[PDB]
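A deposited model with rupintrivir (bound form).
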Amino acid sequence: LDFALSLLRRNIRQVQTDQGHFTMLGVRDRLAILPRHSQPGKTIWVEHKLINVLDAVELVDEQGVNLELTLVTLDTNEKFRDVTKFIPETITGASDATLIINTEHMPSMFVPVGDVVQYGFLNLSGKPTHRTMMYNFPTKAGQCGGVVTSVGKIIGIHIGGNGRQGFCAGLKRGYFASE
Ligand SMILES: *[C@@H](CC(=O)OCC)[C@H](C[C@@H]1CCNC1=O)NC(=O)[C@@H](CC(=O)[C@@H](NC(=O)c1cc(C)on1)C(C)C)Cc1ccc(F)cc1
Ligand code: NA
């Protein structure tokens, strides 16, 4: 838990884009990650502070299939505490995960979602998506960007759900390499 708490305080920010409220994980330096559908564009608000987005990269797999993740570089002089060490090299499930949500509307929220298991292909609102995992928990609107954590590991970012189940984009440490 001390891990989840530390991650919340130091790395997980309340964010708004023109698409609404999202949770945002800052990973290292000025690099953070949002769900693709948040469409960060040119600027975002972080805790109500307007920040330029210097680059927004929509991640896709070897075949160009959507991974539903957007890496953003933020025009700021502050650096995120480097949490790459806590991100697995290979997309991994987990047995007792906690979904960390942090928005203006759902501030500092820890959601026990239980087991996180490999799912794979997801037709998310008509958009082919790969490398997803699933949890049998009723996730809701406003929880996208939420950080899926397990015993000291950051394993996923919440991207969708169908009412009974939630789905995250799995994380690989390689996503966050310096070029
Ligand atoms: C988070 C973002 C948000 O709140 O958007 C509000 C306008 C949100 C969380 C979930 C909504 C329901 N419970 C959730 O965990 N994510 C979304 O709304 C995306 C789309 C979906 O989640 C859809 N789910 C499915 O398509 C689906 C399919 C299967 C087998 O299981 N679930 C529903 C809303 C129908 C946002 C999104 C992502 C990617 C896109 F290309 C378009 C839209
Ligand atoms: Na924006």
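The residues of chain A that appear here are 4-182 by the PDB entry count, in order. Order of listing sets the numbers, starting from 1, for every ligand and every atom in it. Side chains included, hydrogens not; waters and symmetry mates left out as well; all remaining heavy atoms used.
The ligands or chains that make up rupintrivir (bound form) in this structure: ligand 1. For rupintrivir (bound form), the chief contact partner in this model is given in the PDB entry as 3C protease.
At least one heavy atom of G145 sits under 4.0 Å from some atom of rupintrivir (bound form). Those atoms of rupintrivir (bound form) with a heavy atom of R39 less than 4.0 angstrom away are 39 (C), 40 (C), 41 (F). Looking at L127 next to rupintrivir (bound form), no N or O pair under 3.5 Å apart turns up. There is a covalent bond between rupintrivir (bound form) and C147 SG. Checked against a 3.5 angstrom limit, the closest N/O atoms of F25 and rupintrivir (bound form) fall outside it. Using 4.0 Å as the threshold, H24 has no heavy atom nearer than that to any atom of rupintrivir (bound form).
Checking atom 22 (O) of rupintrivir (bound form) against the protein gives a heavy-atom contact under 4.0 Å. Residue nearest to atom 28 (C) of rupintrivir (bound form), selected from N69, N126, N165: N126 (by heavy-atom distance). When heavy-atom distances to rupintrivir (bound form) are checked against a 4.0 Å cut-off, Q146 has no atom that comes that close, whether in backbone or side chain. Protein heavy atom closest to atom 31 (O) of rupintrivir (bound form), with residue, atom name and distance, is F170 CE1, 3.3 Å. By the criterion of a heavy-atom distance under 4.0 Å, the backbone of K143, and not its side chain, is placed next to rupintrivir (bound form). Residue-level proximity to rupintrivir (bound form) for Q22 is absent, since no heavy atom of it falls below 4.0 angstrom. Scanning the protein heavy atoms around atom 11 (C) of rupintrivir (bound form), the nearest turns out to be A144 N, 3.9 Å. Contacts with rupintrivir (bound form) closer than 4.0 Å are made by no heavy atom of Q168, backbone or side chain. Residues in other chains coming within 4.0 Å of rupintrivir (bound form) by heavy atoms are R39, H40, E71, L125, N126, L127, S128, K130, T142, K143, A144, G145, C147, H161, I162, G163, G164, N165, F170.
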